[PDB]
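As listed: the chains are lettered in turn, A, B, ..., one for each sequence line. The numbers used for chain A are those of the PDB entry, and the residues that appear cover 1-167, 169-306, in sequence. Following the PDB entry, chain B residues are numbered 1-167, 169-306, in order. Basis for what follows: all heavy atoms, side chains included, without hydrogens, waters or symmetry-related copies. Both ligands and their constituent atoms are indexed starting at 1 by order of listing.
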Number of protein chains: 2
Amino acid sequence: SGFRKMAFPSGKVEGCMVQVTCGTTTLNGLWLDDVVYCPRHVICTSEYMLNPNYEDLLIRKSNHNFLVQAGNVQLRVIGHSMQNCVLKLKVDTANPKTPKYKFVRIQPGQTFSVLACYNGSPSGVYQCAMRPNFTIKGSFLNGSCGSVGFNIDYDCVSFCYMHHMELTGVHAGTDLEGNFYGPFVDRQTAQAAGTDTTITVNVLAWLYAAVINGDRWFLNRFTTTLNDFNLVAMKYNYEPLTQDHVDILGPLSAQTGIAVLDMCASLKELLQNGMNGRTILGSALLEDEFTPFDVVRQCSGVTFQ
Amino acid sequence: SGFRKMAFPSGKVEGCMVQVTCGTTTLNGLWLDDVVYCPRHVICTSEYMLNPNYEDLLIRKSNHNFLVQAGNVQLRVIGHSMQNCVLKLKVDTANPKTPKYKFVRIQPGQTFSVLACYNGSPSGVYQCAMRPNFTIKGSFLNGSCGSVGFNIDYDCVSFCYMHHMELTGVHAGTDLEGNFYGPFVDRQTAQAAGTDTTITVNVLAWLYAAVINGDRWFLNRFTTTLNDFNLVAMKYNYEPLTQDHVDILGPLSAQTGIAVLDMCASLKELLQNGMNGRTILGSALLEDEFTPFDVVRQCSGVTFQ
Ligand SMILES: *C(=N)[C@H](C[C@@H]1CCCNC1=O)NC(=O)[C@H](CC1CC1)NC(=O)c1cc2cccc(Cl)c2[nH]1
Ligand SMILES: *C(=N)[C@H](C[C@@H]1CCCNC1=O)NC(=O)[C@H](CC1CC1)NC(=O)c1cc2cccc(Cl)c2[nH]1
Ligand code: NA
Ligand code: NA
């Protein structure tokens, strides 16, 4: 028992991380087979951070302006191209530690692990959710650009995020095809993150984890309907709940014998009176960065190889 | 910026994890050079979980009763011995992925990463603190015995914890020399964890992290003394504060320009009036599982290779 914010084991990703330097800018890249992926803003200078024209900047480069280092070894860049907001650097050596991988774009509410890196060197791993406003609440210092987010499916690494910038305390990036999450661009403009909301299906999954781990004080005998629940959620900036969400919570309902709409009635109450100084799984706030699948994984115990 | 519960990258440990079976019991082992380390209770059955005599149980075994599997490969056990509460299984093949390592015993208040494993397969990584009562608040299901806790110092893995049991919701284990943290034994008795307290120097480190990240609302103009502070801490089950702790917080005081005893005055106030519905770094409780070093690492950015 117990319940922690748990990240995927990162070994498979650590072996893909490299350092990419162009000019006086150094950041991280992802080396899979014979391609290094990194944020295209590595080709920027100071003059072009406000209004860059990346096609122009790229045409003025040649392969030898790109220093790519895998630990000690240097990788020879033999070609380059741009795909949306990433740069693909073709190198002379295929990474022998290339895992089985795929590139997937995630949806708001889903969680992933981030391997934070500096100078191509892994520093820390943590779990976060993609927020409804398409940012993540990460932990990133200067030089972390190119750090990746990922999930593991059995033996397969699904890369879903590459870090590009910080915007007023939160973080924005792209999928691995270079397309931004959210309405952001990789230049200096007046862009800000929109209003965030709380991910309701994740809060319910976490309340089930609490029950599984013996925290029951917030339960009550009432039931509610999707529509009466969603009527109260909207007042509190909670995402509305769909029948799809009810179905996804099925396994957890089964294992605890508490119907989803039963548990919604407890959530309704918590929204209207607060916690009154009580805690749930060691938190005094309602936690929304665990998906139903995260809970099952952690409260039933699936592994990966 | 941002602040997360961040674990060490686990690649270096993942390559040491193996599966150990004896009889109908399967759990995890740590394979370093040509020795596999695992909890000695793998030699127990049902009859001997209450009052085992491990020396007797071990003499009745031979090397071939130990099935050790590293993924697919089987490792031939060529010798065994017991060291306190661990078993050391000598195997015919030295692990080629043995990192530079050492065995260290940690103190209450210090943090480490846990690589939770099942059947020798890594499942998740998370950060936790050794509590003042010598337990950890982990997340572990049946079969996680032998999972290890570790820190990384540059290129060197310091193993500090091997998981042995769950005791009423929390977790207890040994160092890698087989000596228990805390007054626990690896048998079924009436043992329970003693009273826990809050790790004050860690709370102060976290308040500094908050300031570094722009949360300043709890600061005030007052100062206090070690003795007046510790007088209030004791009422709230906070560990007393020493001059050693003040010195360790030095770097953080320097970087924020807030003296330690200054920050203690803010903590005093928070203890006496609570948060009044406000949050600090996204928490509504005072967090004590980040050490001063964790904060510096995360709010300044040291890496490892
Ligand atoms: C990538 N290496 C770097 C990481 C940033 C730096 C700030 C703290 N954390 C991070 O995630 N980001 C970077 O170079 C981008 C590049 C953009 C495309 C032009 N810029 C920023 O994220 C950035 C710069 C500044 C300056 C002042 C205030 C803020 Cl919020 C900034 N964000
Ligand atoms: C090791 N594989 C296993 C892991 C435990 C199982 C319970 C949930 N989480 C864990 O960490 N633990 C194990 O075999 C030990 C062995 C001891 C030395 C004899 N036992 C327990 O941790 C255990 C068994 C039970 C039964 C009922 C209640 C509790 Cl708290 C128990 N703890
Ligand atoms: Na109810
Ligand atoms: Na003060």
Which drug or candidate compound lies at ligand 2?
pomotrelvir (bound form)
Report, by its name in UniProt, the chain making the most contacts with pomotrelvir (bound form, ligand 2).
3C-like proteinase nsp5
Other chains with a heavy atom closer than 4.0 Å to pomotrelvir (bound form, ligand 2): which ones?
B
Covalent tether of pomotrelvir (bound form, ligand 2) (residue, atom, or none)
B:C145 SG
Kindly confirm or rule out an N or O of B:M165 lying under 3.5 angstrom from an N or O of pomotrelvir (bound form, ligand 2).
no
Backbone or side-chain N or O of B:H163 under 3.5 Å from pomotrelvir (bound form, ligand 2) N or O:
yes
Say whether B:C145, considering both its backbone and side-chain N or O atoms, lies within less than 3.5 Å of an N or O atom on pomotrelvir (bound form, ligand 2).
yes
Heavy-atom proximity of pomotrelvir (bound form, ligand 2) to UniProt active-site residues in chain B:
B:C145, 2 Å
Heteroatom distance test (B:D187, pomotrelvir (bound form, ligand 2)): nitrogen or oxygen, under 3.5 angstrom
no
Most contacts to pomotrelvir (bound form, ligand 2) come from which UniProt domain of chain B?
Peptidase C30
Can you list, by chain and number, the residues with heavy atoms within 4.0 Å of pomotrelvir (bound form, ligand 2)?
B:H41, B:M49, B:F140, B:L141, B:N142, B:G143, B:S144, B:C145, B:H163, B:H164, B:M165, B:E166, B:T169, B:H172, B:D187, B:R188
